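Structure note - zanamivir present.
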Number of protein chains: 4
Amino acid sequence: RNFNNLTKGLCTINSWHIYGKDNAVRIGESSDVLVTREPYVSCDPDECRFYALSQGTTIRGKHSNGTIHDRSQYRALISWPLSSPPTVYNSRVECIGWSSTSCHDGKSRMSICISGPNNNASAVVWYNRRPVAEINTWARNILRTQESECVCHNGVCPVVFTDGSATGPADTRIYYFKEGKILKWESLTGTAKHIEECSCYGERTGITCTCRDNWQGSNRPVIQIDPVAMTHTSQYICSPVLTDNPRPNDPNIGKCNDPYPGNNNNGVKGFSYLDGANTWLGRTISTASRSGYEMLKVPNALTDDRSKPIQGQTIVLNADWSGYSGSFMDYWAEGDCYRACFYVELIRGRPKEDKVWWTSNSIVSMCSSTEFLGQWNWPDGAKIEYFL
Amino acid sequence: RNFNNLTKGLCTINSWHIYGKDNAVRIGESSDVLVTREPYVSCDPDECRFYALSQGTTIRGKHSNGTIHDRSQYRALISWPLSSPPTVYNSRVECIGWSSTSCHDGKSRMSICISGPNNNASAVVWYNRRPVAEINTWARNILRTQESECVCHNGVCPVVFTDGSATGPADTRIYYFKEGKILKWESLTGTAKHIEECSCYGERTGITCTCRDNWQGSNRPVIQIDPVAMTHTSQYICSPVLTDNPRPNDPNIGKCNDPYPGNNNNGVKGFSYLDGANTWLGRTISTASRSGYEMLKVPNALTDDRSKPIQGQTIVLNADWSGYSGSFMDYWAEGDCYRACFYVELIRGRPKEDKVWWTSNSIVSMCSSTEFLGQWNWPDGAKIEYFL
Amino acid sequence: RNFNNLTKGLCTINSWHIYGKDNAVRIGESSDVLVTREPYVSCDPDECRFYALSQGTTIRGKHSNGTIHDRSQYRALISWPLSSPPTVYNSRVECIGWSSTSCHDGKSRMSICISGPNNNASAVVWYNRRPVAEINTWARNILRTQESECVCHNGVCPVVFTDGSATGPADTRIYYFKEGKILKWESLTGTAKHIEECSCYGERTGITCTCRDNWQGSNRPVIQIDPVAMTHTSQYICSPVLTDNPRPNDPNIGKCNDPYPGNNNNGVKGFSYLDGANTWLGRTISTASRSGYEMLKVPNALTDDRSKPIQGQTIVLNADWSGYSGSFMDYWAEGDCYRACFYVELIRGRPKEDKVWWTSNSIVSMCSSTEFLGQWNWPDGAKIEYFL
Amino acid sequence: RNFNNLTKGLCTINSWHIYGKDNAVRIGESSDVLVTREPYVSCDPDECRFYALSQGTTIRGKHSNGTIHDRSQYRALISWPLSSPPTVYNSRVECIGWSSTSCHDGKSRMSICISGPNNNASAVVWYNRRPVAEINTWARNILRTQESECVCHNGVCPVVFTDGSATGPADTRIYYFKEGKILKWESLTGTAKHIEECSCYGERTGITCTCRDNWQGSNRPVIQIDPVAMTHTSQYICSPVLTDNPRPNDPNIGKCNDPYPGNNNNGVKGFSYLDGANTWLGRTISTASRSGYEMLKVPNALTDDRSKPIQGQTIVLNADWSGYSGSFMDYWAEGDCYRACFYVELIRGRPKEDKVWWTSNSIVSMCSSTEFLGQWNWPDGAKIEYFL
Ligand SMILES: *[C@@H]1O[C@H](CO)[C@@H](O[C@@H]2O[C@H](CO)[C@@H](O[C@@H]3O[C@H](CO[C@H]4O[C@H](CO[C@H]5O[C@H](CO)[C@@H](O)[C@H](O)[C@@H]5O)[C@@H](O)[C@H](O[C@H]5O[C@H](CO)[C@@H](O)[C@H](O)[C@@H]5O)[C@@H]4O)[C@@H](O)[C@H](O[C@H]4O[C@H](CO)[C@@H](O)[C@H](O)[C@@H]4O[C@H]4O[C@H](CO)[C@@H](O)[C@H](O)[C@@H]4O[C@H]4O[C@H](CO)[C@@H](O)[C@H](O)[C@@H]4O)[C@@H]3O)[C@H](O)[C@H]2NC(C)=O)[C@H](O)[C@H]1NC(C)=O
Ligand SMILES: *[C@@H]1O[C@H](CO)[C@@H](O[C@@H]2O[C@H](CO)[C@@H](O[C@@H]3O[C@H](CO[C@H]4O[C@H](CO[C@H]5O[C@H](CO)[C@@H](O)[C@H](O)[C@@H]5O)[C@@H](O)[C@H](O[C@H]5O[C@H](CO)[C@@H](O)[C@H](O)[C@@H]5O)[C@@H]4O)[C@@H](O)[C@H](O[C@H]4O[C@H](CO)[C@@H](O)[C@H](O)[C@@H]4O[C@H]4O[C@H](CO)[C@@H](O)[C@H](O)[C@@H]4O[C@H]4O[C@H](CO)[C@@H](O)[C@H](O)[C@@H]4O)[C@@H]3O)[C@H](O)[C@H]2NC(C)=O)[C@H](O)[C@H]1NC(C)=O
Ligand SMILES: *[C@@H]1O[C@H](CO)[C@@H](O[C@@H]2O[C@H](CO)[C@@H](O[C@@H]3O[C@H](CO[C@H]4O[C@H](CO[C@H]5O[C@H](CO)[C@@H](O)[C@H](O)[C@@H]5O)[C@@H](O)[C@H](O[C@H]5O[C@H](CO)[C@@H](O)[C@H](O)[C@@H]5O)[C@@H]4O)[C@@H](O)[C@H](O[C@H]4O[C@H](CO)[C@@H](O)[C@H](O)[C@@H]4O[C@H]4O[C@H](CO)[C@@H](O)[C@H](O)[C@@H]4O[C@H]4O[C@H](CO)[C@@H](O)[C@H](O)[C@@H]4O)[C@@H]3O)[C@H](O)[C@H]2NC(C)=O)[C@H](O)[C@H]1NC(C)=O
Ligand SMILES: *[C@@H]1O[C@H](CO)[C@@H](O[C@@H]2O[C@H](CO)[C@@H](O[C@@H]3O[C@H](CO[C@H]4O[C@H](CO[C@H]5O[C@H](CO)[C@@H](O)[C@H](O)[C@@H]5O)[C@@H](O)[C@H](O[C@H]5O[C@H](CO)[C@@H](O)[C@H](O)[C@@H]5O)[C@@H]4O)[C@@H](O)[C@H](O[C@H]4O[C@H](CO)[C@@H](O)[C@H](O)[C@@H]4O[C@H]4O[C@H](CO)[C@@H](O)[C@H](O)[C@@H]4O[C@H]4O[C@H](CO)[C@@H](O)[C@H](O)[C@@H]4O)[C@@H]3O)[C@H](O)[C@H]2NC(C)=O)[C@H](O)[C@H]1NC(C)=O
Ligand SMILES: CC(=O)N[C@H]1[C@H]([C@H](O)[C@H](O)CO)OC(C(=O)O)=C[C@@H]1NC(=N)N
Ligand SMILES: CC(=O)N[C@H]1[C@H]([C@H](O)[C@H](O)CO)OC(C(=O)O)=C[C@@H]1NC(=N)N
Ligand SMILES: CC(=O)N[C@H]1[C@H]([C@H](O)[C@H](O)CO)OC(C(=O)O)=C[C@@H]1NC(=N)N
Ligand SMILES: [Ca+2]
Ligand SMILES: [Ca+2]
Ligand SMILES: [Ca+2]
Ligand SMILES: [Ca+2]
């Protein structure tokens, strides 16, 4: 086996087609399905799998009570076969913790989980299913990472971490791993003012990450990483099509180098594909809450502070709950280009649906098509009343 | 690995022997068995598996309520080991959608699922477990396909699609795929007047598909495909042994080039093996409803408008519910001929059994023997009262 | 891979050690464990597995009601990992039917299942997981076979079948298969007067089968098969240590060539290892019912009509229910001799425990040791009251 | 494949990081999780797995009643994927019995299970999943072994057994196996006065086992084994940091060659890593009961009868139940040193929590880091009240 190199451009995105959906909450009403949140998708050279943070209980289990909670000793990164639900019997534990990332370099998979109390957390880096390196908290305030897949080039896999405040300046680092070993780390540079939960993808130009500014911004910060030189820059998506949640209404002029103001101390993990005229942005439909999901074709969104949509696709109706979203691609697929993909976390339960005492999710996932395909909408599909 | 070529004739069919049966509804009374419908069987070079459209819920789950419904966002093509039931824990999702086909070409498997609203549906073509091609609706009226396996020759796998009315002229296309890529498509030609849910098999002569005329005909339309030239013809089974359901009583003269009249706007997926004196037709025993199933040896049924049975075998008693039926063969088995096989869907629940609120099925499957074997009958075997 | 040859003698049997136990009924009180009966054990070159006839329902499922029944359309031969219980999720279906045998020839496994009504049953012979040959009933009276593993030599695998009365002369045939194909069959010859449910093992001398005379005999008939010449002989175990159930008390003179009288029209599947001074016989402890199980060292039991035990080992206490027992060996193990093994079916439920409406079993299995090991006893271990 | 050789030293231990945790009791509240106790961890060259003694019932099953019991016919050594819980559907049975050890030699795994009544127990030694050797009780008083992994060097795998009193002098033997065959055994020599449940690890110096003196000592006995010469010595950990439970308070002078007095006829399985200045000891926090767990860096603990801690890490808070603990390492990991690892059994149910009628456990596991990582605590996490 050889390390994968990022040698192709993105395929032209003219629409999105259904890729996967697990209907986990529907099935878990009467099956041993693990409570999860913060899911993602990641491919190996021979298989693509769903990933998420388990809560160490099933949905019907009495221990599902209180699972709105973010960080406990009972969480772990698990993976399971594409479009199956995360069950007790089919889920593989990658590592123990409450914040994660994972990616395959072409030879083996690296998985990283962070665990610990708020003031003493640590990352353990696994490679080929063995622990290889460990990183202690540097700011003693909830060391945390991407919650979706990392990306590798010629064996080098960059990962973005943040340690420090969720509501002010924090200490973000970009780590460069190879075979789970730390090659290098560097402090965040550039104009992004707050960085959390980066969603990344790679192509011949380099690695692009779209992140969450949890402090002042409702535009999304972007980190662009050169995995060969092991350097990066940062800024914001310039477009006035704002893609954080909650967020103000779309103005006519965005901000390239500072947070767009209006909503403080909140946000959601999200993603984009920034590729000139082939640029597509994801966002919740609601500006107030994690509901609905849409894709919008916004040419040169990264660099054009006046850019507006020229095409779109609804993924989840505004009437339905969404949640986290992130990017992944099958780097090992056939063809001359990388097909852009994404997932949307469909959160059910608390805080929005409080007649149940749990919080979980299901997953829907799409990839791009060069066709102009008809659109459907993709709800979680569970009826909360059945759980009462 | 090499692409499979269709180089053999059919084995002589003198009776049918039991091949597989999953007892899914019996077991699902107290196990996490997925609600399904539209099942089939398909072989890989090293394994044969059951396939069906899941409804994204188990039978005992409260979400089984309403599963008479044909098209929802919670359906997916799943496969699972031969004669096991389709469980949450053993089912592999092939793709997402509510109409499907799947076949192995000798090297890898192609699976096709259609999803979307009635007026904006699309097919996604998967090959070696990756999405490769997409096809948008051309008539904006429930794009739909075979609901049983396709067949390949030297890497070319033809698939029959229909888009348009279920009760009048529609737009049927034959697509020719290789490694999931579209080589060619063509509009239906010949004398078949309405085409749905083709059941196909291959042999040295070419590929033969027996379909459902949902409009005016109670005889079955036939499409014969040359996978090398990538051309086809169509007509009806000439025999007065009528094999659609519901249907009129058998006359003494059938129709080769037009629907045999009596029942409009209905039908069921079915199959036949058309092989001169070795011809066998499948049909429900009832002329009114999906109950019972029998095989009838009808020499030259395809071409002889006077042909009647000379031998038969009851598969499912008239007193027991049947449903869809279709053809498959193990193209990778040893020997000098291809052994004809088929499955029968045994539908339980709605609309016929309305004391439960779900609709599901189990599977029975047979293959041919050159012996003259004794016959049994093969009911689903579940007692509906247990589910109340 | 090469066909296995029987080139070794039996290891010296000085005691029996625990080999496997699945505790299926205990676990099935609260897990999705399939109802079974007629279990056995059989080895592949790389794995040994448990086998049994499923009833197509779990124990806790309502369809377990009535499973005392021997022959239904919902039965199948299943296999599952050694000492695990037969669950819905881990059981592999080998073929469909209500009487079976199975064995590996060194290259692939042959499995045979019989299904059908009493007067029209048929065997389907599977090889490398594909149907290869079929055999129709020859006496139209419950065609039936071993219910434990067959044995192969240089690709030839003999199997004993019976068709006809359970209470008078019947038509027994020995079939010789290779790669699932029928090489030859022959009618029973020799002095055995009634043959059912043969338990077989192989060694350099040939294949030895210990069977059940259901008609007049309480001594066990023996068939000795030469798999090279494809011929056989038959007689009874000469020893007055009688090993059928029910049975008279042990006399001082047994019968070599005729049934030992006292109990008619009943019996149980059992086994022995006939090896001169290394001979061990299995039997229920009770003479009246299927309770208890013991092994007895009876030198030259096959040929000496005065032979009595000189050593023994209790396997299951008389106070505990037993059932069928049969032989198997790991022909692919290391060393200079074949280690004798056996299983005992531990039947729970009806007819002996009629407060439940089901009949199932668990399995215990032992292999021989050249040590003189201490003995324990091995009950099923389930408490019937828990199922009420 | 080649036999593994112990060619490296221990990595420098500066802290411990989370390795695995199965949350078995939490999940088993509503899933088919087997009741277990006496768990451990052991690695193959390509996978690391959890091990334990099943009780042949799930936790929610009615047969969980009475599982405080140590030795029954329904126990077996099972293994299952790292950090998954031991379920009916994912657990592999290694052998049948109520005391065990298991280890991989680089080519295949040896597993040993002891079963039988107190006065007639026997060990069966399995190699590459086949029974190879058997050992009868030599003192007729609960033949018993390590309850955690053994260690191999160049194919030789030493195992410590004890037969005889739990409250006075007993007969301890060290057996040396290769491919499951007995090379040699020897009686215990040295100054250890009572030996049970040895926890072992290997490195270039040889194999080191830390055991339980159940008779008079609250310091732990140590056996040091040379697997090449196949010889051993024994003594106690000299340190006044006492690590058995229950135990007296830590004095200022320990005992090298005799039991440290204060608590008789009790103990718990435990472990240590004895490596000069890199020495770390594990122990329960409570001196009275199996609650809490901590690691303490005690330089030269083995040889220095005045040695005290200079660093530590809490693993489980005193308020939470612990239990057995033992050592394992991934001998097949990359790098120049062996990374020390351990597990802690977290016992729930009886005798400490008697509102339920069962006894089970979950597992937490850690490995060493050369970093000085922040510490968390790792409770079982289940709420007993949910089981009422
Ligand atoms: C079968 O399936 C197919 C395939 O899916 C379906 O076809 C799809 O239909 C959907 C729904 O209509 C389309 O999505 C929308 O796309 C438009 C963009 O396209 C329009 O505008 C383009 C740009 O025009 C501008 O520039 C051109 C330069 O050439 C200039 O000519 C023009 O005058 C103007 O200056 C046009 O080019 C384009 O025309 C083309 O396409 C037409 C078909 O769409 C075709 O008919 C034409 O011939 C031509 O080919 C077209 O006019 C997006 O603007 C739109 O997204 C907005 O609206 C949705 C609600 O629907 C909202 O959720 C979005 O967020 C967004 O609107 C918000 O943001 C805006 C930007 O800031 C803001 O301006 C809005 O006020 C609004 O903001 C508010 O809401 C948000 C969200 O809550 C909030 O954050 C803000 O604060 C604020 O409150 C849709 O994405 C697909 O593109 C289309 N696909 C295809 C291939 O056709 C088909 O319908 C299905 N069939 C059936 C029967 O069902
Ligand atoms: C153990 O197992 C074995 C193996 O399974 C069992 O043996 C099987 O038994 C079954 C049941 O009887 C047989 O199935 C039937 O086969 C007949 C066809 O065979 C008969 O007719 C043949 C043709 O005769 C014609 O041509 C010849 C030319 O040579 C000429 O000589 C003759 O005079 C006539 O012109 C005969 O050749 C054949 O004889 C041979 O076989 C005999 C044994 O079967 C043997 O004894 C002979 O010696 C000789 O070897 C034999 O006479 C099918 O016709 C029949 O199917 C019809 O009937 C069933 C109901 O049973 C029905 O469901 C079918 O749909 C069908 O009838 C409908 O359609 C017809 C065609 O349109 C129509 O005419 C009917 O009126 C009827 O239509 C009505 O119902 C349908 C359905 O609801 C509806 O759609 C219509 O609208 C309308 O309302 C059976 O398939 C097996 O062939 C046979 N197998 C073997 C190997 O023997 C055995 O019984 C078991 N043992 C025990 C103890 O149980
Ligand atoms: C720790 O574990 C170890 C290992 O398991 C335990 O040791 C085992 O203990 C068991 C139980 O005692 C033994 O099983 C019994 O074996 C005897 C056979 O051995 C005895 O007889 C031998 C033959 O003697 C004859 O020939 C010799 C020729 O040399 C001659 O010298 C002698 O005088 C006589 O002519 C002796 O050689 C043998 O001695 C040797 O072994 C002794 C230890 O056993 C040792 O002390 C000596 O020094 C010497 O080394 C010994 O005396 C079997 O006969 C017996 O089986 C019968 O009894 C059981 C009930 O216990 C019954 O279930 C059996 O079916 C059978 O009896 C029925 O059938 C008979 C034959 O037809 C019939 O005659 C009986 O009347 C009876 O029939 C009735 O019941 C049946 C069944 O329901 C029914 O069908 C009939 O119709 C009728 O109603 C046991 O198998 C093991 O051999 C022994 N193993 C070892 C290695 O020692 C140890 O106990 C454990 N420790 C503790 C503390 O628990
Ligand atoms: C984020 O995470 C990090 C990483 O985990 C956290 O940092 C960790 O903090 C914990 C908790 O404090 C530490 O564990 C303790 O370690 C001490 C040992 O270190 C102390 O002592 C060292 C030795 O000093 C002696 O020798 C030196 C020679 O140089 C001499 O200079 C000195 O004067 C003295 O003679 C010191 O070297 C060491 O200093 C170093 O480290 C300091 C930080 O720890 C640092 O500040 C310094 O600058 C320097 O670098 C330090 O002073 C252990 O002693 C202790 O374990 C005892 O106490 C715990 C309870 O906390 C108890 O459970 C243990 O069993 C044990 O005490 C029992 O046994 C003793 C021995 O017999 C006995 O003497 C006691 O009385 C007691 O016995 C009683 O209880 C037991 C148990 O029930 C019973 O059996 C008996 O019978 C009896 O009843 C802890 O293990 C970590 O080492 C530390 N890790 C690191 C890397 O710093 C950090 O806190 C987290 N941050 C936040 C904000 O939460
Ligand atoms: C796409 C779709 O809904 N196909 C239908 C099919 C269809 O309604 C008729 O053929 C008419 O066109 O028949 C029905 C049927 O059971 O008769 C099952 C199919 N259900 C599913 N494939 N899911
Ligand atoms: C085909 C069949 O039904 N075989 C029977 C068998 C049989 O009744 C007797 O041997 C008499 O012929 O005995 C019974 C029995 O438990 O005694 C089990 C078998 N049950 C099953 N194999 N399913
Ligand atoms: C064979 C056996 O029963 N071993 C016991 C062990 C034993 O009782 C003591 O060490 C005294 O000898 O301690 C107990 C214990 O939890 O203290 C667990 C073990 N339970 C099991 N291994 N199953
Ligand atoms: Ca924000
Ligand atoms: Ca019709
Ligand atoms: Ca008898
Ligand atoms: Ca002690």
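One letter per chain, A onward, in the order of the sequence lines. Per the PDB entry, chain A residues shown: 83-470, in order. Note that chain B carries the PDB entry numbering, so the residues on display, from first to last, are 83-470. Here the PDB entry sets the residue numbers for chain C, with the shown residues being 83-470 in order. The residues of chain D that appear here are 83-470 by the PDB entry count, in order. Both counts, for ligands and for their atoms, begin at 1 and track the order of listing. Values below: all heavy atoms of this structure, side chains included; hydrogens, waters and symmetry mates excluded.
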Every instance of zanamivir: ligands 5, 6 and 7
Main binding partner of zanamivir (ligand 6) (name per the PDB entry): Neuraminidase
Zanamivir (ligand 6): other chains within a non-hydrogen distance below 4.0 Å: C
Heavy-atom protein contact below 4.0 Å for atom 7 (C) of zanamivir (ligand 6): no
Proximity of C/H151 to zanamivir (ligand 6) by residue part, where a heavy atom lies under 4.0 Å: neither
Heavy atom of the protein closest to atom 16 (O) of zanamivir (ligand 6) (residue, atom name, distance): C/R119 NH1, 2.8 Å
Those atoms of zanamivir (ligand 6) less than 4.0 Å from some heavy atom in C/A248: 11 (C), 12 (O)
C/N296 N/O under 3.5 Å from zanamivir (ligand 6) N/O: no
C/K351 to zanamivir (ligand 6), any heavy atom closer than 4.0 Å: no
Closest candidate by heavy atom, reference atom 20 (N) of zanamivir (ligand 6), pool C/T244, C/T249, C/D152, C/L225: C/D152
Nearest protein heavy atom with distance in Å, relative to atom 4 (N) of zanamivir (ligand 6): C/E279 OE2, 4.4 Å
Nearest-contact summary for atom 15 (C) of zanamivir (ligand 6) - protein heavy atom, Å: C/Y406 OH, 3.0 Å
Sub-4.0 Å heavy-atom approach of C/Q137 to zanamivir (ligand 6): no
Residues within 4.0 Å of zanamivir (ligand 6) (heavy atoms): C/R119, C/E120, C/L135, C/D152, C/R153, C/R157, C/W180, C/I224, C/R226, C/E229, C/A248, C/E278, C/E279, C/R294, C/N296, C/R372, C/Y406
